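All chain A residue numbers match the PDB entry; in order, they span 14-400. Atoms within each ligand, like the ligands themselves, are counted from 1 in listed order. Technique stated in the header: X-ray crystallography, 2.0 Å. Values below: all heavy atoms of this structure, side chains included; hydrogens, waters and symmetry mates excluded.
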Amino acid sequence: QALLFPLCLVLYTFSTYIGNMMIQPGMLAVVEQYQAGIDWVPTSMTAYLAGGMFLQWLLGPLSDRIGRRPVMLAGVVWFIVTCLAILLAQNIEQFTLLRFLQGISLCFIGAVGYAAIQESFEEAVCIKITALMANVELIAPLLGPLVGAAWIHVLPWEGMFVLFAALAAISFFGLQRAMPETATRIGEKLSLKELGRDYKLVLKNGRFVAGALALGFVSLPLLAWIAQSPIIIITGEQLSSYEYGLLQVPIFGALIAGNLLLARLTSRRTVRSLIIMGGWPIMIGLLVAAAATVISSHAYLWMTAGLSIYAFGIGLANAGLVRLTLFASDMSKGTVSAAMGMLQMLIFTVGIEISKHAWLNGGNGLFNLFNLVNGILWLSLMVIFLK
Ligand SMILES: O=C(N[C@H](CO)[C@H](O)c1ccc([N+](=O)[O-])cc1)C(Cl)Cl
Ligand SMILES: [Pr+3]
Ligand SMILES: [Pr+3]
């Protein structure tokens, strides 16, 4: 009778995710409205993700000391305010700063929201909620760009931010009445020296770092495609909004297909064999995209096929590498999760920006060549990581 709590956390999580996914196709309308160059399109996502890594390391220990309730509720409010505030941005620089401020809201989901879930419910009921949250993460990158392309076809980009704020408001009120206080160290002081030392400690573990870096590198081509596909397809190939959306279907559908095969194979395959199994489509897909576009710069259908094959591999291999990276360090899971989360976002932010310059200077060929080296770096780390 009190399932309002995990339900409203799912709603909030969903809203921060479309806070990125719906926005990207709208970015072409944003830069036209500010009369800014196309180079600002991928940067919207870069700033959002950079904000997502800013406070990651702090919120867990802090909410443990002052309460999961006030910290979680504060994050929801912060998202509401920054979503509305971007309506007042006067140039693309100001717009990009607010994307960064919005992205900080991402830190509250894992470090305090999910921490509260694990502390409240039975381990059997905890699996049901976790699975549901995983479903949302899988559905957002498919539906997001589709709904976002449909939105700006009829409605202003500003309207999307009003929608994000509204969904988060509903989420606030449910959390305000249903979230219990579960923080275990209320009243205790926080030492930033002890906290910083815990992070130096996790980063000393070479096998943990290899796994965490590998997760960043291997996912980068997907994230770069989310960031840049509007300018690649619409301004680069001179195609329509409809085709932009159509090309998302084989890519994110393959990702889903990869995850469903994972579920069917899990009882009769170890984590290690699934990573190796995914490596074939990961490497072949990225090779196909690169070879085709070097031969012919405008072979965007070959590019899309290569990325779908690669995306299938990710669906099969990623969750297993997450699990193994998590247990590669014997330290507290709060510290480990936050560390691996920050390492992968560091790669995403820097990688998208490199990817942007690669595309601007050399087109689809360079875009896909850079994705290929990221695949090679994942593979290089797995030869070491797996033993
Ligand atoms: O895009 C992915 N998701 C992972 C983890 O969910 C990635 O770390 C990520 C996290 C948050 C995010 N966002 O809300 O902007 C995007 C990617 C795929 Cl690699 Cl599954
Ligand atoms: Pr310490
Ligand atoms: Pr400690």
**OP:** Please tell me which drug sits at ligand 1.
**Re:** chloramphenicol
Original post:
What is chloramphenicol bound to in this structure, taking the chain with the most contacts and naming it as in the PDB entry?
Top reply: Multidrug transporter MdfA
Original post:
Which residues would you count as binding chloramphenicol, with heavy atoms within 4.0 Å?
Top reply: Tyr30, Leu62, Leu119, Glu150, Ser232, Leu236, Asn331, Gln357, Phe361
**OP:** Name the closest protein heavy atom to atom 8 (O) of chloramphenicol, giving the residue it belongs to and the distance to 0.1 Å.
**Re:** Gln357 NE2, 2.7 Å
Original post:
For atom 16 (C) of chloramphenicol, what is the nearest protein heavy atom, given as residue, atom name and distance?
Top reply: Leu236 CD1, 4.1 Å
**OP:** Would you mind listing which atoms of chloramphenicol come within a distance below 4.0 Å of any non-hydrogen atom of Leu119?
**Re:** 14 (O)
Original post:
For atom 14 (O) of chloramphenicol, what's the nearest protein heavy atom and its distance?
Top reply: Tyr30 CD1, 3.3 Å
**OP:** Write out the transmembrane segments of chain A that have a heavy atom under 4.0 Å from chloramphenicol, numbering from the N terminus per UniProt.
**Re:** 1, 2, 4, 7, 10, 11
Subject >> Heavy atom of the protein closest to atom 9 (C) of chloramphenicol (residue, atom name, distance) >> reply: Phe361 CE1, 4.6 Å
Subject >> Residue, atom name and distance, where the atom is the protein heavy atom closest to atom 15 (O) of chloramphenicol >> reply: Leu62 CD2, 3.4 Å
Original post:
Near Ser232, which atoms of chloramphenicol are under 4.0 Å from a heavy atom of that residue?
Top reply: 19 (Cl)
**OP:** Please check if a non-hydrogen protein atom sits closer than 4.0 Å to atom 20 (Cl) of chloramphenicol.
**Re:** no
Original post:
What else, ligand or ion, has an atom closer than 4.0 Å to chloramphenicol?
Top reply: none
**OP:** Tell me the source organism the PDB entry gives for chain A.
**Re:** Escherichia coli
Subject >> Protein heavy-atom partner closest to atom 18 (C) of chloramphenicol - residue, atom, separation in Å >> reply: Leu235 CD2, 4.6 Å
**OP:** Can you confirm whether something in the protein, heavy atoms only, sits under 4.0 Å from atom 3 (N) of chloramphenicol?
**Re:** no
Original post:
Mind checking whether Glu150 has an N or O less than 3.5 Å away from an N or O of chloramphenicol?
Top reply: yes
